[PDB]
J.: 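Below: experimental structure, pyrimethamine bound to Beta-hexosaminidase subunit beta.
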Number of protein chains: 2
Amino acid sequence: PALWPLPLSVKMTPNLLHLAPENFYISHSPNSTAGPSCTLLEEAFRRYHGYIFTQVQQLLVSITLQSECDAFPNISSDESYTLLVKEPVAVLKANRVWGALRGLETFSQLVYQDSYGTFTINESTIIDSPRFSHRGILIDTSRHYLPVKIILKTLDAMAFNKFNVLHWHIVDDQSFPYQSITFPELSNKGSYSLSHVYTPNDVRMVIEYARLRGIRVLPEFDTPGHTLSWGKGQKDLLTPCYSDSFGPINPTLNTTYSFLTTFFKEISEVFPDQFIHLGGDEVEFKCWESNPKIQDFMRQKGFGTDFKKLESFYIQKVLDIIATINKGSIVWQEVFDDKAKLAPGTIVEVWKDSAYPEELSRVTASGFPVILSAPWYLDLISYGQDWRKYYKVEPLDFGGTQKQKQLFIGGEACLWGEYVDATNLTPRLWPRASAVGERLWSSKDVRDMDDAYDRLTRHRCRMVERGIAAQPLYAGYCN
Amino acid sequence: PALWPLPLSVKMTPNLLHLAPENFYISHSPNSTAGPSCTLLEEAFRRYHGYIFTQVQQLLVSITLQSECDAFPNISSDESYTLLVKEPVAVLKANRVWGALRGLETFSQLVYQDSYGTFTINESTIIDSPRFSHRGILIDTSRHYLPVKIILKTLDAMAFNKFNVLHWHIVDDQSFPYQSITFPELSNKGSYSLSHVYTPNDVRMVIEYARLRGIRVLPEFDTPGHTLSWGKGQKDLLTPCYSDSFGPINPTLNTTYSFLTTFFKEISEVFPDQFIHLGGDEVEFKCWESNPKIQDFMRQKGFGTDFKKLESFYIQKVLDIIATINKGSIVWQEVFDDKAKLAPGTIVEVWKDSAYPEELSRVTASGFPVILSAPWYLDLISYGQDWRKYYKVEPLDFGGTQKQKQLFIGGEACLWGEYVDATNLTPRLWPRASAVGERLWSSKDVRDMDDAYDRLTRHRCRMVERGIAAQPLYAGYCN
Ligand SMILES: *[C@@H]1O[C@H](CO)[C@@H](O[C@@H]2O[C@H](CO)[C@@H](O[C@@H]3O[C@H](CO)[C@@H](O)[C@H](O)[C@@H]3O)[C@H](O)[C@H]2NC(C)=O)[C@H](O)[C@H]1NC(C)=O
Ligand SMILES: *[C@@H]1O[C@H](CO)[C@@H](O[C@@H]2O[C@H](CO)[C@@H](O[C@@H]3O[C@H](CO)[C@@H](O)[C@H](O)[C@@H]3O)[C@H](O)[C@H]2NC(C)=O)[C@H](O)[C@H]1NC(C)=O
Ligand SMILES: CCc1nc(N)nc(N)c1-c1ccc(Cl)cc1
Ligand SMILES: CCc1nc(N)nc(N)c1-c1ccc(Cl)cc1
Ligand SMILES: *[C@@H]1O[C@H](CO)[C@@H](O)[C@H](O)[C@H]1NC(C)=O
Ligand SMILES: *[C@@H]1O[C@H](CO)[C@@H](O)[C@H](O)[C@H]1NC(C)=O
């Protein structure tokens with residue numbers, strides 16, 4: 001049995017137990033607060049049965065507190081569980097449905113076949129819970145359109161890896177595949193074609209599918225930069241340049257914040273998750289500055305020719321729109337770095353590789369929750385075993401007091417879409433993102449390279465077996 | 001119509017012609033030297049018909065010289081053809097079957113559908129032939145075992161790209177998947193498992209399949225280094241180390257050259273191609289030197305403690321074995337660089353990235369035919385549009401007289417198997433190898449980056465359409 005990520009506490013015995021496919025149930029212990037009526041658990045029981053294939057007859061699942069079956073996971077969902085692997089009835093015990101889903105994955109990783117076909121598990125006890133609560137994968141469905149199928153498999157692979165946030169970078173300069181109901185033109189004119197679109201029903205599917213796995217779907221609607229496609233269905237939203245044609249959203253018109261309010265109100269209803277990622281990265285001033293109506297606004301606010309001041313103005317106003325619909329904001333570092341005024345609990349995401357520990361220190365010294373992604377740019381491929389580099393990151397090596405560190409809520413592996421699509425996305429992501437997943441779940445001090453190597457190669461074969469085309473770590477084979 | 005690689009001469013007119021799927025034949029002109037009895041051409045006609053889907057009724061194919069239907073391509077096979085695209089009957093005219101196969105690919109790339117579905121081709125004339133005759137892809141089926149299927153698709157993708165040599169690096173340190181009939185133990189004990197093997201019938205298939213496409217299958221049986229797996233089924237073949245256990249083949253025993261003669265005689269019958277690649281790269285001396293029976297041989301030949309002298313001894317003896325069965329040798333630069341005596345027409349393959357133009361000059365100054373692969377290590381992946389780097393290579397920028405340059409016979413894109421297998425091989429290879437293919441086929445002076453970009457993105461969609469999962473070049477979509 002290969003475990004990935006490696007649970008917080010594992011105690012095994014040398015007593016072997018066996019399982020009979022046509023004769024082994026997973027079900028609710030009579031004391032569980034969840035029962036048959038509970039889809040999320042029901043579907044899990046069935047799909048894991050499949051994954052899995054001196055007696056163990058059964059795995060009882062006991063949800064201790066109110067199960068939250070019908071809810072969406074959020075930031076502080078309880079993921080803890082325990083596993084007592086014993087004859088004749090094994091037990092998975094969790095506070096909440098979210099714990100149970102994690103535990104089921106761990107249990108599956110413990111069943112295995114000996115040289116003769118026999119399904120075997122060791123007597124053991126497992127105590128487990130995540131080291132960090134925000135465990136993301138970022139996907140880019142604008143640079144390339146990812147079909148819904150491929151998004152779902154990703155969700156499956158994320159489950160197998162205990163990741164819990166799908167950071168959906170849904171739109172960008174190149175294409176606007178999100179179909180909006182109050183704004184039909186955005187996608188009609190900005191999508192790559194009528195069949196590179198996510199309908200409200202595609203969005204619905206992805207969301208449910210992720211929920212059923214304890215995954216949160218965090219939408220990113222990046223502004224004011226990276227918004228070239230928004231302009232095709234929105235008259236007057238983008239700044240016109242005086243010489244490129246268009247630059248960032250024009251932050252000086254009422255019509256602009258008008259639209260943005262309507263829009264984000266729709267978003268706030270479509271995506272159940274607490275947070276909206278607002279982007280705010282990489283905004284070009286060269287354009288705003290060549291433009292005379294902006295010139296004029298700069299004069300009227302006395303902003304000089306510091307265009308950060310204007311980036312601030314805009315972003316802050318959007319921040320307020322988000323606050324007004326009672327949602328949280330996430331924001332790329334640039335927003336913080338350019339000193340906009342942020343509400344308490346705004347999450348800042350540190351993505352710039354340049355001395356990010358000092359970034360982490362600054363953000364946390366300001367008292368904001370912080371998410372790391374900088375050393376985890378997976379689109380940034382290179383030769384050989386780079387998973388090691390990702391795995392060896394210690395997110396908490398920065399200067400900062402205890403309370404400061406408590407503000408670090410986790411991180412994301414990023415796969416940006418410039419060079420990625422259906423043809424290459426999976427082998428590119430996996431197992432490389434696994435290294436990231438284990439570091440974000442297991443202990444601080446889980447770091448033997450040889451052992452990591454060993455479980456990872458075996459985990460990867462498992463993934464392949466479950467139809468994730470994850471790529472090799474090094475020379476070898478499966479079975 | 002996107003062309004790749006771009007034929008030597010293309011003359012188009014603005015007259016459009018149309019094609020009717022259920023009504024368009026490719027067949028033999030009555031004067032062709034090939035007719036129905038000719039499988040290679042028959043199968044081509046059918047498979048291209050499929051690829052393809054004011055009138056063009058037909059494409060007549062005229063083979064001018066003896067067709068060579070039943071032969072294997074070799075180094076100097078005639079690949080030239082012409083294409084007269086006219087109503088009502090178009091004409092493909094080639095000296096040989098090999099030309100015809102190229103031409104058919106070009107014709108397919110010229111048919112296309114307008115906005116209304118209509119199959120269209122422009123009136124045009126095409127004159128085409130390759131700038132270099134050796135156009136390889138190297139695959140590694142030892143670091144990972146590639147199933148026969150995936151080898152075949154590669155062969156298909158190579159055809160679509162006019163590549164004509166599959167450099168089969170079949171065995172290496174990690175695994176010996178080649179099943180040998182005079183040596184059953186080699187694969188029984190050296191393969192990854194009984195089901196990671198190439199049977200004589202797998203080899204037969206691959207060979208025919210490539211032949212049917214004008215592809216030569218060049219086997220590499222690398223020695224004396226990279227031979228760790230040979231040892232599991234061959235007692236006494238590998239040097240034992242005195243402290244790793246085993247090092248390179250022990251070049252001092254008779255039993256060694258005994259085996260190697262039997263073996264290469266089997267190879268010489270199994271693989272139809274003229275050349276055998278002998279490897280000869282990266283041989284470690286640290287082992288031979290720790291060993292006392294080698295020590296003793298060194299003394300008896302008065303080789304001092306220059307172990308190149310012994311690498312020479314061995315390799316030369318193998319060279320003679322090859323010569324004795326009337327086959328050609330190919331050899332990695334190290335063999336030349338360590339000054340072994342080579343027969344006239346031994347091909348040296350330059351693979352080391354360190355100032356290879358001066359390597360090219362030295363080899364060609366010695367009068368040997370030379371093959372470049374150094375700037376074309378495709379396993380050496382990196383971020384972004386690296387196809388450009390590959391495409392911009394000018395193989396002939398080295399110092400050397402005309403006659404010297406005439407010795408440069410071509411090159412290979414290499415995909416070594418340390419990090420590669422079925423899960424990632426195709427998107428890794430394609431379209432990156434396309435850049436290599438065009439540079440090895442088209443003119444010296446075909447090099448507009450924008451145009452290359454444009455045809456390549458379109459070529460790549462074609463490949464995807466024909467079920468090659470080739471990866472993107474940059475942001476965008478197909479159709
Ligand atoms: C899960 O259960 C399996 C099966 O009990 C455990 O594997 C077994 O481990 C013992 C060591 O505790 C092996 O015994 C050994 O015998 C040889 C002499 O032949 C010697 O090298 C050692 O000193 C040792 O006594 C036993 O072979 C081994 N494997 C099997 C298949 O029975 C396994 O350790 C348990 N896993 C965990 C993580 O607890
Ligand atoms: C293959 O045949 C097609 C169809 O004839 C050729 O495309 C056509 O090219 C002409 C230019 O020769 C286009 O005419 C243009 O008209 C506009 C005014 O509306 C003006 O911008 C130009 O000065 C020019 O006169 C025509 O639209 C165009 N396309 C089609 C679909 O008919 C094509 O060039 C041929 N390809 C090659 C490589 O020869
Ligand atoms: C937040 C940065 C960012 N934002 C957007 N909208 N797109 C991107 N492609 C990136 C990016 C930055 C660095 C690398 Cl190496 C790769 C991608
Ligand atoms: C001829 C060199 C060679 N021979 C063998 N048998 N295996 C290899 N993997 C390589 C190799 C060398 C450099 C790179 Cl970058 C990648 C692979
Ligand atoms: C623009 O903004 C102000 C205050 O924010 C608003 O009330 C006003 O009517 C708007 N003006 C125009 C000209 O659209
Ligand atoms: C080894 O080599 C020689 C000559 O090449 C051969 O004739 C001889 O009999 C061999 N000796 C042994 C001891 O195997």
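Here is the naming used below: chain letters follow the sequence lines, and residue numbers restart at 1 for every chain. Both ligands and their constituent atoms are indexed starting at 1 by order of listing. Basis for what follows: all heavy atoms, side chains included, without hydrogens, waters or symmetry-related copies. This deposition comes from X-ray crystallography, 2.8 Å.
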J.: Where exactly can pyrimethamine be seen in this structure?
T.: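 Including duplicates, the model places it at ligands 3 and 4.
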J.: Around pyrimethamine (ligand 4), which other chains have a heavy atom under 4.0 Å away?
T.: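 Those with a heavy atom under 4.0 Å: B.
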J.: Could you help me out with the residues around pyrimethamine (ligand 4)? Anything with a heavy atom closer than 4.0 Å counts.
T.: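 With heavy atoms under 4.0 Å, it is B:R143, B:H169, B:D172, B:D222, B:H226, B:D281, B:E282, B:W351, B:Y377, B:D379, B:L380, B:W416, B:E418.
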J.: What else, ligand or ion, lies under 4.0 Å from pyrimethamine (ligand 4)?
T.: none
J.: Which one of the active-site residues that UniProt assigns to chain B is nearest pyrimethamine (ligand 4), with the shortest heavy-atom distance given to 1 Å?
T.: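 Using non-hydrogen atoms, the nearest UniProt active-site residue is B:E282, 4 Å.
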J.: List the covalent partner residue and atom for pyrimethamine (ligand 4); answer none if no such bond is modeled.
T.: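 Covalent bond: none modeled.
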